[PDB]
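Chains: lettered A, B, ... by order of sequence lines. Shown for chain A, in order and in the PDB entry numbering: 1-302. Chain B is numbered as in the PDB entry; the shown residues are, in order, 1-302. In each ligand, atom 1 is the first atom listed, and ligand 1 is the first ligand listed.
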There are 2 protein chains.
Amino acid sequence: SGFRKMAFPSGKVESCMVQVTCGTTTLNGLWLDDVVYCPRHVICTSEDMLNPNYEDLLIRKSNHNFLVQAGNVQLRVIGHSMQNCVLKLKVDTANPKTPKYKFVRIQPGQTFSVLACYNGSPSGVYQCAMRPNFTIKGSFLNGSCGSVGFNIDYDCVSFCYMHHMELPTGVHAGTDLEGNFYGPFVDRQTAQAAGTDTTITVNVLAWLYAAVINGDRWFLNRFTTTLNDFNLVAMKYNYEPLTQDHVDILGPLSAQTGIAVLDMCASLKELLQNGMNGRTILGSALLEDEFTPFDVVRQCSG
Amino acid sequence: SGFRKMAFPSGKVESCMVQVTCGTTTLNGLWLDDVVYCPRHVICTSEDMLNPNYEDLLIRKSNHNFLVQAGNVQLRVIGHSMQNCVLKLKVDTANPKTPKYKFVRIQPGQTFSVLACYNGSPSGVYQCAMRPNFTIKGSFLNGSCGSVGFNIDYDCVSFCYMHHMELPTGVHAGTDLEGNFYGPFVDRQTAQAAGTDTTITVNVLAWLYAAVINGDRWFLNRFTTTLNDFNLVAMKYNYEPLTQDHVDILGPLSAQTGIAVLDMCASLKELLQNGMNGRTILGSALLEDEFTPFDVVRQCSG
Ligand SMILES: *C(=N)[C@H](C[C@@H]1CCNC1=O)NC(=O)[C@@H]1[C@@H]2[C@H](CN1C(=O)[C@@H](NC(=O)C(F)(F)F)C(C)(C)C)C2(C)C
Ligand SMILES: *C(=N)[C@H](C[C@@H]1CCNC1=O)NC(=O)[C@@H]1[C@@H]2[C@H](CN1C(=O)[C@@H](NC(=O)C(F)(F)F)C(C)(C)C)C2(C)C
């Protein structure tokens, strides 16, 4: 028993983290096969970041302007290209520890582990949910750019995120491994707004199933609701509307506990309408939406 | 910016996890040099665990009764011995990926990362604090025993915990790597009481400094308190008394923010007597005590 926010084991990804330096700017890079991926703003000075012309800035850089280090080994840069907001540096050595991998673009509501790195050295791991407004609540200091987000399915590493910046609100933004930002953000030091956010309804329900599995049942009630009635309440409390596809995704948890999705929706409706009134669920005084149904099943089975 | 509960990168420990089977019972083992460390109840059947005589049970086992698998490779056991609640299996092969390590006994209030494992295979990583009543709030299912807790200091892994059992309150209990239980617990399937817990005062203070560093200041003011007067209030709210040694440990965070320890104590004393009043601190409606002063320094400057 016990339910905790858990990251994937990071060993496979630690073996791909390298340090990338261009002039006086140092950040992290991801070394897969003979290519090192990193944020393109590695070519910027602090002054350039206010209004960069990346195309012109890169034209002034040669392969020798990029120093890539894996541990204490210099990887010779023999080619460079920019794809969206990502810089791809071709190096003279293939990473011998390149795991089986894919580059994926995750959907809002989905989770991933972030291996926070500085100077190409991993310092910590934590889980993030991609908010409906395409931001994440991370922990990133100066030099953390190039740190990656990923999921592991047995032996294959699905890289989904690369860290690029922090918004005025304190939340974080980045790209997929093709260098396309999640959200409307740009890699320029200028105030940018993330949209109004919403609560990930299906994740709240998955977390209530995790709570019941752990013996936290005080919120269970003898009522059942309907999908349409629950959606009237959801809109008022800024919760995403529940769809039949989300009800289907909750199937395995509903089956493991013998608690119907609409029985659990009546618990959620009551929690929203009356408030939690200082009470707790799985140690939390708030309804948590950062766990997917797959995260809950993965943890409740092994 | 940002503050997140973060585990150490797990790669160095993943390379040490093995599967240990004895008869019908399978759990995890930790492979360092030519020794495999695992919980001694691997020699128990379900009925044996009710009231085991471990010495008698171990007499009945030989080296060939222990099946040890590192991935898809069997490691031959050539010696065995029991040290407290841990079984030490000498194997014919030294782990070629043994990191630089040490075995440490952690103090209550300190934190460590847990690499949760099943059948010798890592599944996830999360941070735990050793509660003042010597329990941890983890996530462990059947077969999780033998999973270890650790801290990493640059290249050295300090192993401090090995999982053995779950208590009636849903909390977890285990030993150091020498097999000595943390707390008054025994490796027997019998009802066992964990003592009354207390809040780790120095850790709440460290987290309040992390909140200030991240922009929260509503709880700050010019009021102060003596070390003695704060302790009179702390005792009422089941918080540990704050000592001058704890005040000294908070010194680096106090210097960084320019907020004296007793000034933060006055804010904490105020937060306990007056409540938060609908507000949050670092995305939480409750005061958190699972971050040490070192955990905060690591993220809020490191
Ligand atoms: C990469 N190493 C850092 C990570 C930042 C540092 C503090 N917390 C983080 O997540 N990325 C940057 O410094 C990027 C970089 C220029 C400016 N920058 C920012 O994150 C800035 N934010 C923005 O300009 C904004 F609002 F648009 F997101 C900063 C004010 C420094 C936090 C570029 C090229 C985006
Ligand atoms: C080792 N793989 C498991 C881990 C347990 C399984 C469920 N959650 C866990 O963390 N350890 C055990 O099953 C140990 C083992 C016998 C009984 N046991 C327990 O944890 C039981 N608890 C106790 O009897 C108690 F309360 F005293 F701690 C159980 C009821 C199965 C949760 C031995 C030898 C201690």
Check your understanding: Can you identify the drug or drug candidate present at ligand 2?
Key -> nirmatrelvir (bound form)
Point to revise | Main binding partner of nirmatrelvir (bound form, ligand 2) (name per UniProt) | key: 3C-like proteinase nsp5
**Study point:** Ligand-side contact atoms (nirmatrelvir (bound form, ligand 2)) for residue partner B/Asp187, heavy atom cut-off under 4.0 Å
**Key:** 34 (C), 35 (C)
Exercise for review: Using a 4.0 Å heavy-atom threshold (strictly under), name the region of B/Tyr118 that reaches nirmatrelvir (bound form, ligand 2): side chain, backbone, both or neither.
Suggested key: neither
Check your understanding: Residue and atom of the covalent bond to nirmatrelvir (bound form, ligand 2), if one is modeled?
Key -> B/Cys145 SG
Practice item. Check each of B/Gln192, B/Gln189, B/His172, B/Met165 against atom 17 (C) of nirmatrelvir (bound form, ligand 2) and report the one with the nearest heavy atom. Key: B/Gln189
Check your understanding: Looking only at protein heavy atoms, which one is nearest to atom 8 (N) of nirmatrelvir (bound form, ligand 2), and how far off is it?
Key -> B/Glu166 OE1, 3.1 Å
Check your understanding: Hey, which atoms in nirmatrelvir (bound form, ligand 2) end up nearer than 4.0 Å to a heavy atom of B/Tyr54?
Key -> 34 (C)
Check your understanding: Most contacts to nirmatrelvir (bound form, ligand 2) come from which UniProt domain of chain B?
Key -> Peptidase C30
Review point. Which residue and non-hydrogen atom of the protein lie closest to atom 6 (C) of nirmatrelvir (bound form, ligand 2), and at what distance in Å?
Key: B/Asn142 OD1, 3.4 Å
Point to revise | Atoms of nirmatrelvir (bound form, ligand 2) close to B/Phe140 [distance to a heavy atom under 4.0 angstrom, numbered from 1] | key: 8 (N), 9 (C), 10 (O)
Review point. What is the closest protein heavy atom to atom 16 (C) of nirmatrelvir (bound form, ligand 2), and at what distance does it sit?
Key: B/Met49 SD, 3.9 Å
Check your understanding: Would you say atom 3 (C) of nirmatrelvir (bound form, ligand 2) touches the protein, meaning some protein heavy atom is under 4.0 Å from it?
Key -> yes
Check your understanding: For B/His163 and nirmatrelvir (bound form, ligand 2), does the shortest N/O to N/O distance drop below 3.5 Å?
Key -> yes
Check your understanding: Would a search of protein heavy atoms around atom 30 (C) of nirmatrelvir (bound form, ligand 2) find one under 4.0 Å away?
Key -> no
Practice item. Please work out whether any backbone atom (N, CA, C, O) or any side-chain heavy atom from C-beta onward of B/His41 is under 4.0 Å from nirmatrelvir (bound form, ligand 2), and answer side chain, backbone, both or neither. Key: side chain
Review point. Quick one: does atom 20 (O) of nirmatrelvir (bound form, ligand 2) have a protein heavy atom under 4.0 Å from it?
Key: yes
Review point. Does B/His164 reach nirmatrelvir (bound form, ligand 2) with a nitrogen or oxygen that is under 3.5 Å from one of the ligand's nitrogen or oxygen atoms?
Key: yes
Check your understanding: Which other ions or ligands have atoms closer than 4.0 Å to any atom of nirmatrelvir (bound form, ligand 2)?
Key -> none
Practice item. Kindly confirm or rule out an N or O of B/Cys145 lying under 3.5 angstrom from an N or O of nirmatrelvir (bound form, ligand 2). Key: yes
Practice item. Quick one: look at B/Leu27 and nirmatrelvir (bound form, ligand 2), take heavy-atom pairs under 4.0 Å, and tell me if it's side chain, backbone, both or neither. Key: neither
Check your understanding: What is the nearest residue to nirmatrelvir (bound form, ligand 2) among those UniProt marks as active site in chain B, and what is the least heavy-atom distance to 1 Å?
Key -> B/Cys145, 2 Å
Exercise for review: Show which residues surround nirmatrelvir (bound form, ligand 2) within 4.0 Å on heavy-atom distance.
Suggested key: A/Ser1, B/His41, B/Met49, B/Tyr54, B/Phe140, B/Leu141, B/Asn142, B/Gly143, B/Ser144, B/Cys145, B/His163, B/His164, B/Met165, B/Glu166, B/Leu167, B/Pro168, B/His172, B/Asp187, B/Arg188, B/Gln189, B/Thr190, B/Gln192
Need the list: nirmatrelvir (bound form, ligand 2) N/O atoms against protein N/O atoms, distance under 3.5 Å, rounded to one decimal.
from: nirmatrelvir (bound form, ligand 2); atom 1: 2 (N); to: B/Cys145; atom 2: N; distance (Å): 3.0
from: nirmatrelvir (bound form, ligand 2); atom 1: 8 (N); to: B/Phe140; atom 2: O; distance (Å): 3.3
from: nirmatrelvir (bound form, ligand 2); atom 1: 8 (N); to: B/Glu166; atom 2: OE1; distance (Å): 3.1
from: nirmatrelvir (bound form, ligand 2); atom 1: 10 (O); to: B/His163; atom 2: NE2; distance (Å): 2.7
from: nirmatrelvir (bound form, ligand 2); atom 1: 11 (N); to: B/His164; atom 2: O; distance (Å): 2.8
from: nirmatrelvir (bound form, ligand 2); atom 1: 20 (O); to: B/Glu166; atom 2: N; distance (Å): 2.9
from: nirmatrelvir (bound form, ligand 2); atom 1: 22 (N); to: B/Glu166; atom 2: O; distance (Å): 2.8

